[PDB]
Amino acid sequence: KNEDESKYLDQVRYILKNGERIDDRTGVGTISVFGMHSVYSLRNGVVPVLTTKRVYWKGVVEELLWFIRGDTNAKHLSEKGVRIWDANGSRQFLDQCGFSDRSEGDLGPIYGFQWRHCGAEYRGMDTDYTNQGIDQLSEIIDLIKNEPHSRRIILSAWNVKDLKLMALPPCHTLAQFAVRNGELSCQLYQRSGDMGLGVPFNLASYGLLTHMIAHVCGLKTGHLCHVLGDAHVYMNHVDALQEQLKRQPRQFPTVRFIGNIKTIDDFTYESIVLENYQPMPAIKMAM
Ligand SMILES: CN(Cc1cnc2nc(N)nc(N)c2n1)c1ccc(C(=O)N[C@@H](CCC(=O)O)C(=O)O)cc1
Ligand SMILES: O=c1ccn([C@H]2C[C@H](O)[C@@H](COP(=O)(O)O)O2)c(=O)[nH]1
């Protein structure tokens, strides 16, 4: 019945069967298909959080609220128990990336900074950037509310001028939104998707974001189109994904929001309720 999760599993099956074995920039083996497309229903509260292997929902929500704050300090995310960007903010990692003058935790002008302060001069994570640069997220909300048919509703982190300053160049590269029949849809262009760990997390993230923007705009939700450039499996995740591919998906969970949430900046962890997410056991995929 969950046909949409079966699409993700069929993508993994297709990559394992037909993908090219290529060593990546780090020298580790991947299995790669370039150019994949899948669509997930977001209708009636549905968020595409995989049921065949637990997704780190606490991490998804805290990472997204941290993006929305325009925050680039890994320590703020780590304080909430979410360690996913800690390696990239470490003294060692910063020094090896030629960021010796940066304080530990400073990821540079990554997603959140580009979303809220696009084009502002980065001067470290501790600087107050309020009303500096272009607030793409506020601008997209203004387009959805005032000009829902716009072909120009784009949220991008691909700031070429700032790529050299970033801990990591963005993998979830841009998202386009559209309104039809009072339903908000999202097309996510992901230049690079690790099908094991990254892609399930990223699908949950943009599904949730689309629901949050729809909530703020008083709209229903439509679909999430997921466009992949390099859709890949790490060679050391193949056995884990073969275990997952034996599992039959359950119905995706739904999200509901609590309280008076007027703007995109008014969401809290407590305001976001995930309903009926009881996934099958987590499968360890290291890195
Ligand atoms: C999006 N992201 C950041 C991130 C950073 N660098 C990367 N680098 C690579 N090569 N691949 C990735 N998927 C990746 N992901 C994530 C997302 C989820 C988890 C995750 O599931 N974290 C578990 C980690 C447990 C484990 O490693 O098995 C946790 O409990 O924190 C980690 C990183
Ligand atoms: O949210 C994230 C973060 C990282 N990655 C994966 C994709 C690649 O395996 C790697 C990034 O390496 P490049 O594509 O930049 O080489 O991390 C994801 O899939 N999603």
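Numbers in chain A track the PDB entry; the residues on display, in order, are 18-304. So this one's X-ray crystallography, 1.5 Å, going by the header. Counting starts at 1 for both ligands and their atoms, in listed order. Scope of the values below: all heavy atoms of this structure, side chains included, with no hydrogens, waters or symmetry mates.
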Exercise for review: List the chief contact partner of ligand 1 in this entry, with the name from the PDB entry.
Suggested key: Thymidylate synthase
Review point. What is at ligand 1, out of radezolid, tivozanib, ribociclib, entecavir triphosphate, methotrexate?
Key: methotrexate
Exercise for review: Just need the protein heavy atom nearest to atom 8 (N) of methotrexate, so name the residue and atom and give the distance.
Suggested key: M304 SD, 4.1 Å
Check your understanding: Should one rank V45, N219, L214 by closest heavy-atom distance to atom 21 (O) of methotrexate, which comes out on top?
Key -> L214
Review point. Among protein heavy atoms, which lies nearest atom 4 (C) of methotrexate, and at what distance?
Key: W102 CH2, 3.9 Å
Point to revise | PDB source organism - chain A | key: Brugia malayi
Review point. Atoms of methotrexate less than 4.0 Å from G215 heavy atoms?
Key: 13 (N)
Check your understanding: Under a heavy-atom criterion of less than 4.0 Å, does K301 contact methotrexate?
Key -> no
Exercise for review: Could you list the atoms of methotrexate found under 4.0 angstrom from a heavy atom of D211?
Suggested key: 13 (N)
**Study point:** Heavy-atom protein neighbour under 4.0 angstrom from atom 24 (C) of methotrexate
**Key:** no
**Study point:** Ligand and ion contacts of methotrexate below 4.0 Å
**Key:** ligand 2 (2'-deoxyuridine 5'-monophosphate)
**Study point:** For atom 18 (C) of methotrexate, the option (of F218, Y251, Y73) bearing the nearest heavy atom
**Key:** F218
Point to revise | Heavy-atom nearest neighbour in the protein, as seen from atom 27 (O) of methotrexate, with distance rounded to 0.1 Å | key: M302 O, 4.0 Å
Review point. With a non-hydrogen cut-off of 4.0 Å, what is the binding site of methotrexate?
Key: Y73, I101, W102, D211, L214, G215, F218, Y251, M302, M304
